[PDB]
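Dimethoate hydrolase bound by vorinostat.
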Number of protein chains: 4
Amino acid sequence: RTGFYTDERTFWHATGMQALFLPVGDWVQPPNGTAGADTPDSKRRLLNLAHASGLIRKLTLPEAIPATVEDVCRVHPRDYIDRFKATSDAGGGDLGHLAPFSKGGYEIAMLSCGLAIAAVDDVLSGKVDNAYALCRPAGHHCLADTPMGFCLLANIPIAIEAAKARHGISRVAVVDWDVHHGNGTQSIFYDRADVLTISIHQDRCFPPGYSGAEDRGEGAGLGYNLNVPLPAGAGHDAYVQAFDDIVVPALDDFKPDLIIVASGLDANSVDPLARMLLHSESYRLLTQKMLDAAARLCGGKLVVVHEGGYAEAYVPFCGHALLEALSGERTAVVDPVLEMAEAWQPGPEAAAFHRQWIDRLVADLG
Amino acid sequence: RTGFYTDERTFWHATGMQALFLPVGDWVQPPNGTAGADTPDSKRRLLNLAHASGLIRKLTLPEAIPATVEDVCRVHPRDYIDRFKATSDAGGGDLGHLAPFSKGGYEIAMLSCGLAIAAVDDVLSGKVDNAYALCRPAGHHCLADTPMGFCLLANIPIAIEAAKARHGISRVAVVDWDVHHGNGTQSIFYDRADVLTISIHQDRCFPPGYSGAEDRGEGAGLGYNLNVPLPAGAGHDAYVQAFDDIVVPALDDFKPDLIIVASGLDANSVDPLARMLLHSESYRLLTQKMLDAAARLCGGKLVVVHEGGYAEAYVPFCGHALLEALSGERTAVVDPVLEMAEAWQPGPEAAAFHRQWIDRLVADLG
Amino acid sequence: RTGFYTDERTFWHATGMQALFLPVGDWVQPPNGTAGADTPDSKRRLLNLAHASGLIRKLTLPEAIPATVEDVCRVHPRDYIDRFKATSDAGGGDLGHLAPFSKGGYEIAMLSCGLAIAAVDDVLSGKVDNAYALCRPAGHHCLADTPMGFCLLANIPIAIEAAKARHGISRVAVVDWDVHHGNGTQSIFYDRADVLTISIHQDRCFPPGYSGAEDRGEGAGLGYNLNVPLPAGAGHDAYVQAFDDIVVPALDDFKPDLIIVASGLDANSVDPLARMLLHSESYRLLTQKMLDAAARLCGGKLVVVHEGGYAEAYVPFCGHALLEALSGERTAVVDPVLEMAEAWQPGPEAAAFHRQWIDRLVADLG
Amino acid sequence: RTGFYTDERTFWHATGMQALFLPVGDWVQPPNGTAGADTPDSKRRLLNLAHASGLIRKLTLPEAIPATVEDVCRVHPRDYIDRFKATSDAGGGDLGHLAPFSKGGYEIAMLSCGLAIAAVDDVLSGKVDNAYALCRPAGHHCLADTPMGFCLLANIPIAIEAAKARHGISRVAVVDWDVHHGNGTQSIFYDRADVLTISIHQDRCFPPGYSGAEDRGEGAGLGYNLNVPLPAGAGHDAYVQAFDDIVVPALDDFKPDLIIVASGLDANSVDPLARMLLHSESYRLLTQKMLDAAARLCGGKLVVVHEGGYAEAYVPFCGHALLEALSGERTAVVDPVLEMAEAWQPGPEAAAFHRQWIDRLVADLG
Ligand SMILES: O=C(CCCCCCC(=O)Nc1ccccc1)NO
Ligand SMILES: O=C(CCCCCCC(=O)Nc1ccccc1)NO
Ligand SMILES: CCCCCCCC(=O)O
Ligand SMILES: CCCCCCCC(=O)O
Ligand SMILES: [K+]
Ligand SMILES: [K+]
Ligand SMILES: [K+]
Ligand SMILES: [K+]
Ligand SMILES: [Zn+2]
Ligand SMILES: [Zn+2]
Ligand SMILES: [Zn+2]
Ligand SMILES: [Zn+2]
């Protein structure tokens, strides 16, 4: 059984008047359509398609339980949380780097975080075999005291520290396949060996200029952070090989008691915020690889937490195939972009380059 | 002096109710924002920024002259033009492959085509040194009998045939740096040596699966078509080397009497419809290379014709830098994405791959 | 217990590329925002608010069962249904007057109709005490052979004829407070005494020019149709008096076995498609009058069926107060427009005119 | 010769993240389409249609020159101007009641104001016979120290005080047919006899609850302010009579040297922000009454200044007929809503009430 953790009010968070990610003003003309990049529909349309296909009726949807302040302050200093609340009450703002929010965004962020907490809690309790948390706002860029890149709270780290306090879990692996670097997760556990943090991301995209393969942790955490930068334009076969040659072997060696996927859908082939070429069947297969790892390593315990994804028209098909895999349910959904996205895939010269790139990352892991 | 060819009604063309490029229906939910991918604002926002900067007041803007049926039938069979008009009167439709239009789309396509005809005409007659035509709908995928990929009339080929009839021009080169393959231009002049057709495009993107480096023309046109596919994820340095090592030498060898650029802006770093990493200063520099080529080979005679470009927030900055180069004008516009897009650029390993790719294209040309 | 009948796919119906209700083309520029007037969000935002307030958790939400062909053919000729299905399969169209739809609109209309059928069926069988059907597309303008005014099937009449076939109910009253005339309901039952059809509507609005107070039925149906036109600019007190002096006495005289409210929310104070001045507490009060009537006349059997409503920002508050009344529940929702809409209400001179108007309608009823 | 005063950057002002006029947060869900009520397109679409019809080519369009600090401080205290600029430099805000703006909103307000200043200046200097200023943001609610109701500077009063300085003009009449009360204009000149301020508006609409027929000025201004409240639901014949029986006689008695119309188009039949029933031919006729008055009283000197208007689909046709009248030009534009709006007009009983209402206003004027 699969739990699906969602709440209407996560779709009411609004980043404000931006054209894509550009703040209005100076030379940036206001948009005439939907404002922003992290739009409500770039996440709701996934849920909409899961309703329309009949898939949601196969899942269990618990009522949302917001994070408490005690929950979030296992990661964040209370001063940040207090300033967040005060700014949110006053009409919204931005307390970090590219992390805007509107009035009431504090309550919505606390709610979104609670979806991740409860998804992990219910999987560890045996209430469901696995779970999907449709978080919005996302979490994986948020530092302990600095929100960034549309992330206002560290959703997954907070869910992990709650699981440690409630269940005493020893080892957790986070597999971050959102197309951007999970710098928040990396930072929060950088000197710890009990959380393996893996990030696969477009080389140099966000944070801009960052690659990170050499950043493997510090102190007790040395060897427990793993960055897999991939070149812009990499597609299905590049991601499959990175998972076969790097990600899955890392999980096997670490022996986690729980696997958490930070699942952004923005490596899809038409996303504006990156340059990758994944399609809906890429996400099905990557999910199947994680289902296999969780079955082999930690009794099936697998939690998928929504992060990025900005192509409103194509994110739903990528997320829906993921959910079909997670739940083991077949529906009648047909991805109308798949044939073209398969034709888009890199040819042999690019494929050789991607294979050589991943071989080098493996060799450098020693 | 730069002429700028535009008309309000080009922004009234509407592709219909699609989510991005996906027709609504079946599993595709209707969009709540702007419908379509070729949206009015993905072109109008370029014009808006050039007004706001003061650039437009330095250009000359002739009143638009629509193409006549006689003009367009120098390329298209009258039967296609007649069916286009009848379908447009009847409420719109799609007479080709991914070329939808609404009621009245026939008249707007004829108007758009007339912007290209007149821009070429005015440069050849000496009224302006160079020109930019803000065509919408675009033209470079349209075959003689089949519209395709948002292109309903073969804008540049029709403008070329009109210039041959009115001015007797002998040799024309078309430099197509829209991110997609200019298959319409290639097809229409494929057996002809009087028009050199060059397309730089994302490998396998649109038409899907097509690369085309070996397709060099046929009969008298053998050696007068030149495809430069580039891998997904290529950016500024790759395009610059492609122009220095392939495009500009091809122009030098051909000795054109007029250079026409098919300028789509969809190779920009955040376009949803391709995977490339150009930024606004890429377009400025590529335009300077074309201005230099025209100055050396054909008395400065250079026409730039708008094609694709789908990132509403970033296309304006790319086109504005292009227009500053074309006109030689300075404004106070600053691209707020430029620093980040510079950081996004491919690192050393990908750069070596791009150089190996272009070196192979050069070697294959003999 | 209140049943709430909704299905995700009702929000996927799309009227097409119109600016408000105006088809694109000729002098109508395409919209840059949401296309259309009957937008998905003009109905979904009511459901969104009911989720956010916690009210949906207090209701029972049965799974949708679409109308069958047998159901809809109790009202519509099979030829209409077949041409609708064939046009829908082929990409959508408009088979009547201002009733456009997209590919697959047939199945969505059959589903929307099933919400009304099930709401009536479940109230008559005692599964719920009363019910709300969030129909989209709406039904009350649809004639037996002709769709019109955004209405593709005659939702309420189909649900009535189904109820007669499955429960043998003798007398049904329809109270239509959508701001436009329920010409479809009026036509379908015009010569019948077993369905009392009451419409309160803005004088001359839609169908344009129609008032209708003298159209009281024909044959056996003479005295069983009741039109209550109200002048543009009428508000809360005018509607309340119309219900106290005309609508409720007609219900009392008729002795229905079931009351169905055709509930459009477009008499609200900021609707673009009418000129009325109702606010959220108007809808609470009018709903309470129908609850009281149903308690007194037919054992509490009350069904409310969504029709029109076009102000996306204010329809939610009006419908939410209606749902609070229907379910007898209170939430923390506060209407932020209420104070201003109360200040907007007609003053003493206009109020005297409205009383004079309603008194004339009463006197004419003999 | 008609001057048309417009600048691209007036369409870049953005009120922010509101659903219609409701700020997001608490119970107001963010919009998925265009944010706000005063949207860019609610004004630009009028300009767009005037381009498409060919009418703009018949007008003279001078380059905009913004208001100076000296210009605006003839009306506003320097402290307000300084706080406006500081807030705008720092990201936007709202310094009054329902007057939000974005970053750089100060420069755009100064530019908008300069359009009105120049339109008045050029008519008085004889450069054009009459003029239309497409102001955005609007002006007529702004008080000397408090912005209000989407108005950030007192556009028309600033233009008048500039005309007194530059031309020494003695008497100006302002005729405000925006559907809301021109409380800014009324307040600024309330004790002055050299400016006659007339406002026709929906009774009690905005400012909410205000009617004002008894507020006729104070001191030297007693008799030089004239409020004409009209009931909600009034249409063409009611406005025509108000102008024949009240407005034009007031102009004839006052003997102005210049007539300025504060032209909001929000009395149109489908505006969300009022309940009136004007159509495009109403605005043509009211403009002709003002042209006739200016020719009779002040040598043709007539300036029309855009204020409100929120129906994006219908405002263009209303303003376009206004511009045809003002310029004395005919185009091929046909209003596709006209026939329906004519059928919507009040019937005989409502028409008698409107006539009695206006007779009463006249009687109270003594
Ligand atoms: O040159 C061009 C044309 C770009 C076309 C982009 C590809 C869109 C496409 O192929 N869409 C589609 C695919 C399958 C089914 C429906 C639509 N734009 O600048
Ligand atoms: O002249 C004008 C101003 C119209 C302003 C109408 C806005 C309505 C309003 O005041 N709304 C509101 C009230 C309280 C809280 C939030 C919004 N427009 O043309
Ligand atoms: C490209 C500029 C901003 C990108 C933010 C990325 C957030 C995410 O991880 O989805
Ligand atoms: C053009 C104004 C009215 C159009 C049809 C409205 C249908 C309804 O909601 O009843
Ligand atoms: K990642
Ligand atoms: K190309
Ligand atoms: K009605
Ligand atoms: K007014
Ligand atoms: Zn991301
Ligand atoms: Zn293209
Ligand atoms: Zn209605
Ligand atoms: Zn107004």
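Order of the sequence lines fixes the chain letters, A, B, ..., with proteins taken first and strands second; residue numbering starts at 1 for each chain. Atoms within each ligand, like the ligands themselves, are counted from 1 in listed order.
- One finds vorinostat in this model at ligands 1 and 2.
- Other chains near vorinostat (ligand 1) (heavy atoms under 4.0 Å), by letter: A, B.
- For atom 1 (O) of vorinostat (ligand 1), the candidate residues are B:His141, A:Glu339, B:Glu307; the nearest heavy-atom contact is made by B:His141.
- Apart from vorinostat (ligand 1), the ligands and ions with atoms under 4.0 Å away are ligand 10 (zinc ion).
- Under 4.0 Å from vorinostat (ligand 1), not a single heavy atom of B:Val179 appears.
- The source organism of chain B, per the PDB record, is Rhizorhabdus wittichii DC-6.
- Annotation for vorinostat (ligand 1): atoms under 4.0 Å from non-hydrogen atoms of B:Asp178 are 1 (O), 19 (O).
- Every heavy atom of B:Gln18 sits 4.0 Å or more from the atoms of vorinostat (ligand 1).
- Ranking protein heavy atoms by distance to atom 18 (N) of vorinostat (ligand 1), first place goes to B:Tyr310 OH, 2.3 Å.
- From the protein, the heavy atom lying nearest to atom 6 (C) of vorinostat (ligand 1) is B:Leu273 CD1, 3.8 Å.
- Atoms of vorinostat (ligand 1) lying under 4.0 Å from at least one heavy atom of B:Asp266, given by number and element, are 18 (N), 19 (O).
- The protein heavy-atom contact nearest to atom 7 (C) of vorinostat (ligand 1) is B:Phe206 CD1, 3.6 Å.
- Both the backbone and the side chain of B:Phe21 come within contact range of vorinostat (ligand 1), each with a heavy atom under 4.0 Å.
- Of the protein's non-hydrogen atoms, the one nearest atom 15 (C) of vorinostat (ligand 1) is A:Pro336 O, 4.2 Å.
- Looking at A:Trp344 next to vorinostat (ligand 1), no N or O pair under 3.5 Å apart turns up.
- With a 4.0 Å cut-off on non-hydrogen atoms, B:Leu98 touches vorinostat (ligand 1) through its side chain and not its backbone.
- Measured on heavy atoms with a 4.0 Å cut-off, the binding site of vorinostat (ligand 1) is A:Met340, B:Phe21, B:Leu98, B:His140, B:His141, B:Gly149, B:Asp178, B:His180, B:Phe206, B:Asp266, B:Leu273, B:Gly308, B:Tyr310.
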